Amino acid sequence: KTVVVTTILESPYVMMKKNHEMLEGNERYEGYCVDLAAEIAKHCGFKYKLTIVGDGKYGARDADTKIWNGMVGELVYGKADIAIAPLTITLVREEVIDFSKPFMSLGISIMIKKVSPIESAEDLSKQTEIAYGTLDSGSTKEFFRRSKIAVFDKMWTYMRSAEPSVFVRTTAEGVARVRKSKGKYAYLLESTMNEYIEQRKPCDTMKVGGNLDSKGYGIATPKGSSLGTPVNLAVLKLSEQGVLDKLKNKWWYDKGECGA
Amino acid sequence: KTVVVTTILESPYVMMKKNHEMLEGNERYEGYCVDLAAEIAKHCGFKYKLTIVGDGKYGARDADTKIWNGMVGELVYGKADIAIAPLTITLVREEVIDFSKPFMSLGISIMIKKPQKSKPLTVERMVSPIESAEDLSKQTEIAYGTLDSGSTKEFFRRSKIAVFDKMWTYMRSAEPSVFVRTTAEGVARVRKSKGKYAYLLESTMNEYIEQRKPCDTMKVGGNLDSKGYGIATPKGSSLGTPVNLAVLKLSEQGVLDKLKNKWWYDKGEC
Amino acid sequence: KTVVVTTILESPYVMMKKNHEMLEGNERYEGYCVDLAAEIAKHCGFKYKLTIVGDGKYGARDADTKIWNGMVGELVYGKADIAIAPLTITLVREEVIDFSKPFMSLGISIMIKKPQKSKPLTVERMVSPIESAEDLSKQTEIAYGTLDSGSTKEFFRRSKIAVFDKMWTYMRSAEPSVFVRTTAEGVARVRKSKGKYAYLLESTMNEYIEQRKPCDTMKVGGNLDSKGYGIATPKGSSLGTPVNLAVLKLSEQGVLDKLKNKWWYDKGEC
Amino acid sequence: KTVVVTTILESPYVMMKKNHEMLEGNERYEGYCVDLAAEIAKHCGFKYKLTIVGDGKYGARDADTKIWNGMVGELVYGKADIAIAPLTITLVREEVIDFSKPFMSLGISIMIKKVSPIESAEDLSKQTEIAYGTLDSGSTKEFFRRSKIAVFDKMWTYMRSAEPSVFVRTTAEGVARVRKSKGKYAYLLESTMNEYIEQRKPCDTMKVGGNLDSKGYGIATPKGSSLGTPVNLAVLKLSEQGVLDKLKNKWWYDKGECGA
Ligand SMILES: NS(=O)(=O)c1cc2c(cc1Cl)N[C@H]([C@H]1C[C@H]3C=C[C@@H]1C3)NS2(=O)=O
Ligand SMILES: NS(=O)(=O)c1cc2c(cc1Cl)N[C@H]([C@H]1C[C@H]3C=C[C@@H]1C3)NS2(=O)=O
Ligand SMILES: NS(=O)(=O)c1cc2c(cc1Cl)N[C@H]([C@H]1C[C@H]3C=C[C@@H]1C3)NS2(=O)=O
Ligand SMILES: NS(=O)(=O)c1cc2c(cc1Cl)N[C@H]([C@H]1C[C@H]3C=C[C@@H]1C3)NS2(=O)=O
Ligand SMILES: N[C@@H](CCC(=O)O)C(=O)O
Ligand SMILES: N[C@@H](CCC(=O)O)C(=O)O
Ligand SMILES: N[C@@H](CCC(=O)O)C(=O)O
Ligand SMILES: N[C@@H](CCC(=O)O)C(=O)O
């Protein structure tokens, strides 16, 4: 029985190679998550087929409709069997799907154009001269929406009431927007994605400040699935063997096409 | 029914209060884990009594006897119901007990006695004999060790990495023994060995000791790996899901990071 | 019964909200004084309706008619029951209305257009033509004025200090009139007067304007005197004691200090 | 009829005259408060006699005894008619006596012995290497005791549980204690007394940071007394005339027996 693996087009997590038009199956995808899925399948011992979620959303709830979209929706409604992807482990997600132990630590970070005038999140919030926004239908937006801290609350309130729309459909779109904003826009994204962008050409983006919070990426399975325990044990074994560190080094630092 | 919360004695997680002679119950102990347990109790309604393991070990399964000891050991055999303590999530432990999502990230770090400031126009520069784990492995004039019956020793024993395998080979055949019974024992050994002993311990305790007087220890290099502390729970228990959800709530609500900051960096003696 | 809260339109104390075209009631206005009124209502339980004076004046005695105008005027004759605004506690007002303890301290300050940073090794130094009120009085090239029907004008009118008497004598016989109807009008006059006009206003408004864009104004010299803003109340009203106790309680809590911080410096720039 | 004025021996508010042994009546006292009392009496038009309170306390409530001591106790129980003294206006005091409008602004300030490693009160609360305390039965101890802010709460908790006693009987005693502590003790007093001490000989003390809060000194009168309105109007007239500023300049800066 083949296992359907939902995943998102994210760099360096999943990429469609460079000449994928002549390739078929799992061979036309590459990245951190492809290698992670291969290792998970090898440890557990199942055949898998990589598929990209039709709509490029990580997962959220609609406007009072109680409908999950993205990979989380693909998992809840039985369309997918597992999700090897940069899926953040959150409260609202864990109540509907089973997350494994985190395989990558991360955090919310600010990326701007190339001493920074904002640095910390407080100075970014206080100064309205530079705009800041998050990915739409993601987990950082839901972090700010549910946040009760005064700085985070005020940042969220500014973000929701912004003219024009400060959110972005894709993190690539957000990176492009901060690139062509001439330093007038800031992007709130995961620290791993921020580092990957800042170590890639043409290196006009840099990360300021620290991490707003600490989270992790998990492998998600449908609630009450027989694969949850095996994939959790596989993640634990890979972490103890240093395979996750090797994969992160390979897809984040080994190539390094930037001057640093 | 009041369930028990087994826990190790470790600063800044659990420390006896100064006026604990006349105190009893969950007010004798203070630290990060005591109010972590308080927050867990607030989130999911139950009464809890803090306990300390008699043998004073985190937990490891003895070879040729297949018997778990320490916090994990007495959690497995039903003498405990939940273990809120700096317990590392490991594969061997996850097969006998249920773990929650990590509430604190950590890594294996190196502790050495802080060397004297080198002097040469007149600037004071920091010079150390060890800067990573590879130079620790290759060199032989400085001994190094870990905590017995802990996760660090088990990580070194089951390591196929060449440098870690070499370091474990040195550790196993060492005279006198380089392993210590308690973290405080390792810190005292480092402080008294005059730079001839390095202590391999978790990064959180390493930073906590570094920030406190007499601040004669320094942490060299980066973390050897990436792990986390989880709230342990007996296998097939009903507390696993509420504990997981409470950990997620505390993480997303800023309780965890503010607790870590006010137990680690607010009291910066040095 | 709903008690009405008369108030002047002054920033950062009271500002019309951006989406106040559709908003109605107490939600139309925002600022320091609306927060103060909310806290006062929280302390002593009452419903309050914010009201802006039609006259647009703080209040004074008109010439030869012995009639009060502005907030003080409409409070004396019963069109309002409490005044929560930057109203200055003065002797001439305390004889006709009841004042509470000052919720914010203030002084009379000098506002001039910020000069250009003088360039002479290659250091940039601030140079100003006026450094105190004495040199403002002795000099004649720069005009200066106050706000009409306000506390500053009455203070200069009834001053027996030689320098202040000289300044008042210049003010009374100035041509064209140096008195402005609104604080914003005086600030605009200073801004567009190319350094030929100086505005004498309360230190709080001076600092707030100095900290906000385009921030081309500067406050020269120290405060001319020491006064405070109180919450006004008609003589014999039963609200005097509860409002006084509320002011003292809010001062003790630090609510006043945090309101000042979040309405004066947190929102500032440049 | 004569009016009994209660006051405390405080510099530069009330001092014993240099040749007071041969002096009688109000002529043997001098300071800011003596001049203030003279001006208040001249404005209102009453005869007064300065009396120093037998117990050298400003006023507070005892341990669950509901008994007022010091000047506030002298006023509540009818032993005095008015109090021209550095009496801080507080909620607990205002409920039992009538305070006039403040005639002097002040605040809580930290004074130590002459790199400034203490700076603000936050670092004082964070570091226990240096000790700090307040005046016993004053208005600073009651401010810290009733404070709900975390920094002030922890400062008060440290101060109450101090071995040996950290509080001082008199402000002069606290000045001496910080003088002879060789920079190991800090004193929390009013900003006016702090300034007067810091510009006086031998100038070995200095004030750090800023004011912890904003308060004022008022003229206190028994509840429901015919003198409250006249003395309030007198204070307002003196402030509008600049007399209070002249008195503060004369007793704080005119002498100036230090190099500054
Ligand atoms: N250095 S890293 O981001 O590639 C990284 C991050 C992490 C790893 C392993 C690696 Cl290599 N394992 C941990 C897991 C292992 C066991 C302890 C915590 C979880 C369960 N999660 S983690 O702390 O998110
Ligand atoms: N900054 S820290 O070490 O105190 C820390 C570390 C971690 C926290 C929260 C904090 Cl405050 N929560 C995460 C958890 C939250 C959700 C995402 C990963 C796990 C599930 N684990 S963690 O990455 O080990
Ligand atoms: N820092 S400030 O100007 O906003 C400010 C100023 C003042 C405050 C409170 C604040 Cl926050 N309260 C005092 C009052 C409290 C008690 C002591 C003096 C009066 C009665 N008046 S004040 O000295 O005019
Ligand atoms: N500069 S000072 O400390 O001598 C000083 C301080 C103050 C003065 C007058 C002087 Cl001279 N008057 C005010 C009073 C006057 C009217 C306005 C506020 C009160 C009622 N109180 S104050 O703000 O506490
Ligand atoms: N990893 C995030 C992506 C969205 C974001 O960057 O906030 C998620 O799974 O929701
Ligand atoms: N926390 C570790 C023990 C500490 C250490 O080994 O340094 C464990 O769970 O075993
Ligand atoms: N607050 C002053 C008016 C402002 C001013 O005169 O500058 C008053 O009560 O009259
Ligand atoms: N001025 C204070 C006394 C000094 C102090 O408490 O610091 C009072 O009236 O209570």
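Reminder, nothing fancy here: chain letters follow the sequence lines and each chain counts from 1. Indexing begins at 1, ligand by ligand and atom by atom, following the structure's order. According to its header, the structure was obtained by electron microscopy, 3.0 Å.
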Top contact chain of ligand 1 - most pairs under 4.5 Å, the PDB entry: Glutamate receptor 2
Report the name of the drug modeled at ligand 1. cyclothiazide
By chain letter, what other chains have any heavy atom closer than 4.0 Å to cyclothiazide (ligand 1)? A, B
With a non-hydrogen cut-off of 4.0 Å, what is the binding site of cyclothiazide (ligand 1)? A:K101, A:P102, A:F103, A:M104, A:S105, A:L236, A:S239, A:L244, A:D245, A:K248, B:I89, B:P102, B:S226, B:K227, B:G228
Please indicate which organism the PDB names for chain A. Rattus norvegicus
